[PDB]
Amino acid sequence: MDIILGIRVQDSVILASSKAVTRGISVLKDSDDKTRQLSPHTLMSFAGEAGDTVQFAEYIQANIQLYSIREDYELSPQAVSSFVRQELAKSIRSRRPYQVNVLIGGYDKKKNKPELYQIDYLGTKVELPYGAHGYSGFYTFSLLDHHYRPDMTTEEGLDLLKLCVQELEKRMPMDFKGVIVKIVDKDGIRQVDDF
Amino acid sequence: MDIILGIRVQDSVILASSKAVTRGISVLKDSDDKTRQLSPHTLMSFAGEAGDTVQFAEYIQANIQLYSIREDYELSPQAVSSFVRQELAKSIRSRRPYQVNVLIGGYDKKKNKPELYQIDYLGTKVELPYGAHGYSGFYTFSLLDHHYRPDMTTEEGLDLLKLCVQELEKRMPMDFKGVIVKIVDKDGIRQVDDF
Amino acid sequence: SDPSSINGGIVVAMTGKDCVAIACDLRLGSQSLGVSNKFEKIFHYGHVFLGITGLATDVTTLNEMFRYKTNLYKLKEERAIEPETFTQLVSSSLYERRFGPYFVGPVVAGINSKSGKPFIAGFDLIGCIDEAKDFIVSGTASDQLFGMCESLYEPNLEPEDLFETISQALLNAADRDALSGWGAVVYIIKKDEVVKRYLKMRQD
Amino acid sequence: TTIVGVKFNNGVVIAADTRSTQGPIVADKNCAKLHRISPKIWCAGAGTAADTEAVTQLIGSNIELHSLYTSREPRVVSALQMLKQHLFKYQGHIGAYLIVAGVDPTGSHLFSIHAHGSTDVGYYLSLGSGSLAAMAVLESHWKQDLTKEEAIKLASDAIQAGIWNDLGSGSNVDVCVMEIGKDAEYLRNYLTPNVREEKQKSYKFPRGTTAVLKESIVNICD
Amino acid sequence: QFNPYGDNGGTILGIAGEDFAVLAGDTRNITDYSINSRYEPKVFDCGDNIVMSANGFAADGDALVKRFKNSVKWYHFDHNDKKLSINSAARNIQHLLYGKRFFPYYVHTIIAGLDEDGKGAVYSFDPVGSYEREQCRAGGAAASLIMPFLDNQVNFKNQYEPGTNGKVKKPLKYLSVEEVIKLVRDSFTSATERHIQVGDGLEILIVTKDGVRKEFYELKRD
Amino acid sequence: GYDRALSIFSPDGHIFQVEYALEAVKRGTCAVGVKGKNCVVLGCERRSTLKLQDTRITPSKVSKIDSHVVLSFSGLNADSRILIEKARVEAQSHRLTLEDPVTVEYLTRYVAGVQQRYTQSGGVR
Amino acid sequence: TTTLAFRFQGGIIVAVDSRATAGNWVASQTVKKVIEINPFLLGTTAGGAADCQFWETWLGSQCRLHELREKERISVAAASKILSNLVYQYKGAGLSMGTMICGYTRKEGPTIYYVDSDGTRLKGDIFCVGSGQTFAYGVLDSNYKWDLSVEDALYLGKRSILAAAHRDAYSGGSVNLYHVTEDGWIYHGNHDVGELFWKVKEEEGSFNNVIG
Amino acid sequence: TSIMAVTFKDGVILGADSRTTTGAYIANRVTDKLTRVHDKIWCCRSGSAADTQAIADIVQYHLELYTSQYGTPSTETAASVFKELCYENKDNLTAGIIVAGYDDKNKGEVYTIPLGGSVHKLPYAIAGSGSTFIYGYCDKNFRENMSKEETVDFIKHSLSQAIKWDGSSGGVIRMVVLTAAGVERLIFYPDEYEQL
Amino acid sequence: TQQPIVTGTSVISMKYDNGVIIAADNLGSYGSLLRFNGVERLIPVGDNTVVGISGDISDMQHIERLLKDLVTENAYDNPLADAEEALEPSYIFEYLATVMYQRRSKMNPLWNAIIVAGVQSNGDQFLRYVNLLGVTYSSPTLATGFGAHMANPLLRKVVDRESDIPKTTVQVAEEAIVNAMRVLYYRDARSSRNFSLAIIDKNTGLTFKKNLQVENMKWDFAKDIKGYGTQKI
Ligand SMILES: *[C@@](C)(CO)[C@](*)(O)[C@H](CC(C)C)NC(=O)[C@H](Cc1ccccc1)NC(=O)[C@H](CC(C)C)NC(=O)[C@H](CCc1ccccc1)NC(=O)CN1CCOCC1
Ligand SMILES: *[C@@](C)(CO)[C@](*)(O)[C@H](CC(C)C)NC(=O)[C@H](Cc1ccccc1)NC(=O)[C@H](CC(C)C)NC(=O)[C@H](CCc1ccccc1)NC(=O)CN1CCOCC1
Ligand SMILES: *[C@@](C)(CO)[C@](*)(O)[C@H](CC(C)C)NC(=O)[C@H](Cc1ccccc1)NC(=O)[C@H](CC(C)C)NC(=O)[C@H](CCc1ccccc1)NC(=O)CN1CCOCC1
Ligand SMILES: [Cl-]
Ligand SMILES: [Mg+2]
Ligand SMILES: [Mg+2]
Ligand SMILES: [Mg+2]
Ligand SMILES: [Mg+2]
């Protein structure tokens, strides 16, 4: 767990998440998918403490899927993000808090708009055009401040994302073994296999 | 400073040293040469505390060059390594010790033999067929135990070295930005530009 | 960060009938990482033998120091230093660094050339002399060596029998210590001949 | 360690056990804790082994030079003064706990010194880990006007209490008797009540049991 | 601050033969440098031909033995007086120890007896319940002294056949009860010499198909 | 807590509360299940004494427990919601721990187990 | 400890050492670090000895209860997740476990899961776990190919443990080999490093750092 | 320790117990805490045995060198030398010293020197761990210009109580009498003073 | 987690041919302050057992109440309470040992060292130790605190092993105990001159001696000791 990025463009949300799982002085895995599909049009990436990350992600996934079955209806990205925030807001004052930071990328079918939410382990939620967790932000935010435009296409967003990964691969101390990129839009969630 | 390797083969000593210089969450440089030529047939690579490494390397370099001028004669790799060890052995009981680990690769012209010495910051000297400092050893030693042979050529040594760098690039957590490789033999010191 | 157990290693010395034996392992490591399997811990100045365990830099430094001091001794005295005299020199030199000591466990072994008496001794890091008729032990597997020697040893062993006893003491002690082993050397010392034997032991 | 000192009619006697420890391990089963400062001034030492040996030799060396300078036999109070001032200067870091005794032109004397440099005077004293076991015996059996043979018995009994009851002490009993008008007699291994019993089996190996890789003759000659 | 643990010293030793097994232990009980008892047994017959010892912190050791003895009693009540096999006892003891994983019994436990084929069996446990069947095990204060000697003499480690160029190992064979007791006695006399917490007395419990026999031997009391 | 044993045996060896619960099922609207060669079909009756109904929002008789399993019922409508909710929760819990959706047999076994528990628990019918 | 397991053309190789330590004290050279959960499931053990052994024997009981209840052998995923969910409940309490759940089922095929005491659960083709994991990785990675034969794969697994047993001070004793196929696991013997090292050195010509 | 010094008609008397401790163990039950720095200038020692001995030895040296050059020193002069050592080395010393002496001009004088190294001239002084238990008693019972026998009884009764309550005090009660007549040593054993 | 406030020092004891002897001084120390002087630290249970307690006095008084209550509870529905079903020393000890270990296991110990001395119904001598840690042991001589260091050595010269017990009379045994109490008064800074001594004999029964004093002390040699080295006056 280290690098998770998110970029909201005109018609989609793009999440990029590093593939490395490192422990001590050993990269145990270089093909890890740090994300779970909460619903057909909502995707959550995650990063933080070992064990906590997946345990939390799957717990949220289970709850959202339970809701979908019960009501035969998909929750909006705003609704899901609020549910997630509250779970983390409870967690931070527990005996042992979930040390997990997440990005929630979704496409609201009622509004026909992409939405990106950034939530930290404290339960701090913000809606953003682009987001990042951990040390990634210290490079990508300034870069996106410069190159990002609100009316960009998905293809323009992927090029913008390539520019971030290149910068991180140049200046980051650790080898994060590239990223898995996923796109969330009106047609649902799909993975870019060649990045 | 992180990765420094050394391999003694039939007719030469090969030193490989990482190019990255990091400080914090930023790779400040990716083309750093972590070595100094002590004499025409003696090369010292180094790694450790920032500042201490270069300061120590150049101090040793100055002393050996002074000796060469005074006597119009090149010290043997064994003699240089003993001089270096003593300097570190003094240092460790100083007010502020040099936190520097070194490898000394040299070609003894009188014996017509390559020699590789590994010395840590405590002043712990050992002559070896292959050596490493820091976390590198935890991967390369076992690898070399398997693939190394004493009668190998310089070209076979470089392939053996490529095998080490590949393993380190696969399993090491940090991005060390490749290595500068140098060969020490009867004709002196030369750098491999394409590695 | 315990200087005496960073590099690892062991030394053991025994007396026999008109002979002494001193033996050591060959490991030098950095905590868990084994680095060198050729690091000998026994040196000699004339007919006097010195084994040193502990921090490897100090082992090397002290060898160079006692070579220095025994060479000057011989030039001025016009004779080789004896084990009893060398033992005192080691003790003096170590206690000189009382409040900044060398982190070592030295072991003297040899035969007095005048009297012919077998002699062994041990020291702590600040130079306290531990003289013994039977055996001296040192290193990270000192507990193991004490147990092996105290049970296996018997007085007045012949050089060929003494070799087997000291070798088995070292080997089985080293195999119960993580930081010791990786090969071993045994010196058998008679009045005017010395035999050095490398032992075959498990390499883990 | 257990060490003691006992004054008698015409002099003083000191004694000590012979165990040297290294943590819970017995390093030396028969070490000598009785030290000669001068011919008729002897010292029993407890605490840090190197320190007791070093401090007693240093003061013993200076006492010899002093004795030659002054053309006089050395006095116990001189050794006492030189030891305490040395130990005090090092603020207890030199861990030497000593029982100083001897005879000189002034008479017979018995003192103790602690690592921090405090001295005490007495007819019977005990220092070391087994001092409480020893002092219990001394307090139970000591009396004024002891003879030579009575003092040796009392002293060795006090050491034995330490040997048996204190884990820090063991093996043998050393004794040194310093009588006025006579040479001091050092009784090394005066008692040996802890002899190792015969082993059940001989562990002499058949020749060739140990696997060997290499042999070579070592050159010790020039 | 209150420290709920203590070190009562002592050492134990288990060896397994072909049709027998021994579990030995010294009888000395200590705290710091003081002897509490020269004869305090810590090797117990627990029934069903199982002998047990839990060396280390005596209070935890007694508690454990007490609980296992009780476990054997209830095993009979709940399972029609069935004999508790040594392997079943071992697994039961693991759960006793691991039950206090977060406030452990500070002891090295060893049990001995016969397996279901009638062959000698020794099991050893760490403080939190890790266990392993072995031919040989020493435990406690002097375990580090005794264990390598056992490797050499019981399992013939580092011993090769003479004249075979270190190529053929000394062949493994079962030892007789006479030869095993020799090794136990020599192990404990050696440990007594070099370890301060070991001495006073040696108590051996021998387990055969006939039952549980006892043997006692004096050890040095210094 | 209310402890009363409501479901108990009678002299003839019958648990009347369980048998009277079957009468409630017999009162309920008809439901039918027929499985073919490559499909299953669940048919359900809806009584026509209720006109002016809003069929968009009225609870459907067939309920999805997961994306691959469905549950229809006959009897008390309010009771059925409790079983359906429990079954849906267990369906998600199974996916979470076993990393695989429930089998139809497993889901049935769970629901049946819940029904059984209410036949020998105090304070419940 | 050094333990590994890798996936390849002919199934799964699993190899472990047998050393147990208490600090620098070598406590045992004959520990069984592969736990046979059933004829199709294996588990490896690195870290706290009691923790691994206790909870993996417990895991076997939970897997037995599964097949009694469900009339079907448990999946490797479900088995590994029972263990990971268990240790996650104890997170922070100080459990020390580095394990690998290896096995074959029809639906999954050959599968390896890394599970550790801080709750990490990872599916993968190659893993090395323990104090000497890096030494094993060095040899394993540099010689690994998917198209290895059963004979060559068994040797590589053995040779990798030997490499770590040699260099890592806290690894050694002997090598235990296992091969997992569609028909279940197969034991391939206990190999003492004492004889195996010299045998490998001579035949392979490797270990030139050591005095021959 | 329990120590005190008391001036009276003919001069001054020093008093002390004889216990030396290491924790709760009594290392010496017959200690002499009353020590001579000059013919008729003595001191009571409390605190560290090593420190107070080292100090007293230096003071004795200084006053011997003083006497060789300038003749007999005053009691005030002796107290000043003690102060100088205790004050300048306050960080490294644990010494509570009472200085008492007899001049022919000044008669009996008592100076007390606590931990800090301050000097306090008093009619009588008490110090040591056991002194705490007799502040009440000594204040109520002390009178100026007492006789020798009265002062001896005052010290004996006082130190008897200090010993009775203080675990760090015990053994015999030593006393040193300083008058124009000379120097007299007195000792009193448990069997006498305990049943006072 | 506790710290002891008012404390009692050594309790010493030994076996002899027909029974056991146990002793303890009557002091209740408050740190270095010798606060309370009328404290009885030997508590008889029935006519066949004496429990000697050192350490925290508040916890000692709690243990007194427990033993007192144990006698009451044993008498309930027990016609043989003063005969076959009377309280044995072994019963009393095991009860205390259970409590001590349960309290240490709850990290709230009774800050004491206890010696249970008595004679069983079959005539056998009983002498066993237990402390705040729940550690138990038995020996021919037992002592707590400074007694372990100074008394045991002296008492072991009389009874060094099991075979020396029949050879030791009550006169010799009491003489050694009284001597040990004197040595402790010389050398233990938290001890008093006044003490209690109890003898439990299989023939003569329980003899409880109060208000004993240490006597025949050697102090005369003190007058000769002057200075700390060089002083002659
Ligand atoms: C009784 C036995 C103890 O009460 C006696 O007092 C004797 C006195 C006689 C021998 C003069 N004391 C000892 O035997 C003494 C006990 C001791 C131990 C540690 C500190 C103080 C006192 N033992 C020693 O002094 C041994 C002598 C050896 C066996 C020859 N020395 C050590 O144990 C040294 C201690 C050195 C030291 C350094 C700095 C301050 C104080 C002491 N310790 C080691 O050698 C341990 N270690 C081994 C691995 O290498 C690093 C050092
Ligand atoms: C390699 C060999 C490196 O550890 C492997 O990882 C093996 C795995 C195998 C054994 C399954 N691990 C160990 O050997 C492991 C290392 C370790 C030690 C301590 C904590 C975590 C990991 N060793 C153990 O678990 C040993 C096994 C014994 C020797 C059979 N056990 C101990 O060290 C025990 C119990 C440790 C413990 C855990 C949790 C709470 C309390 C204790 N400790 C002792 O026995 C302590 N000590 C031994 C020396 O004698 C005095 C008492
Ligand atoms: C009464 C007792 C208290 O006021 C008197 O003042 C006497 C004065 C007389 C003797 C001149 N004081 C003592 O007896 C004095 C009490 C004391 C203790 C510690 C610090 C200051 C005062 N006792 C000593 O000085 C002894 C004398 C030795 C045993 C002969 N020395 C120690 O107890 C040494 C002192 C070391 C020290 C520490 C801090 C400052 C200065 C010196 N301490 C030890 O030996 C430690 N010991 C180790 C074993 O565990 C118990 C403590
Ligand atoms: Cl004093
Ligand atoms: Mg080893
Ligand atoms: Mg190894
Ligand atoms: Mg012993
Ligand atoms: Mg008192």
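Quick note on labels: first sequence line is chain A, next is B, and so on, each numbered from 1. Values below: every heavy atom of this structure, side chains too, minus hydrogens, waters and symmetry copies. Counting starts at 1 for both ligands and their atoms, following the listed order. Contacts here are counted within a displayed part of the entry, not across the full deposit.
The drug located at ligand 1 is named carfilzomib (bound form). The macromolecule with the greatest number of heavy-atom pairs within 4.5 Å of carfilzomib (bound form, ligand 1) is, in UniProt, named Proteasome subunit beta type-2. In contact with carfilzomib (bound form, ligand 1) at heavy-atom distances under 4.0 Å, by letter: C, D. Organism of origin for chain D, per the PDB: Saccharomyces cerevisiae. Rounded to 1 Å, the minimal heavy-atom separation between carfilzomib (bound form, ligand 1) and the UniProt active site of chain D occurs at D:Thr1, 1 Å. The deposited model shows a covalent link between carfilzomib (bound form, ligand 1) and D:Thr1 OG1. Per the PDB, molecule name for chain C: Proteasome subunit beta type-3. Heavy atoms under 4.0 Å from carfilzomib (bound form, ligand 1) belong to C:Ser4, C:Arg98, C:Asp124, C:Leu125, C:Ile126, C:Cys128, D:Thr1, D:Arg19, D:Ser20, D:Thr21, D:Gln22, D:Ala27, D:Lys33, D:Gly45, D:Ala46, D:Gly47, D:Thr48, D:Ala49, D:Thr52, D:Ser129, D:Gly168.
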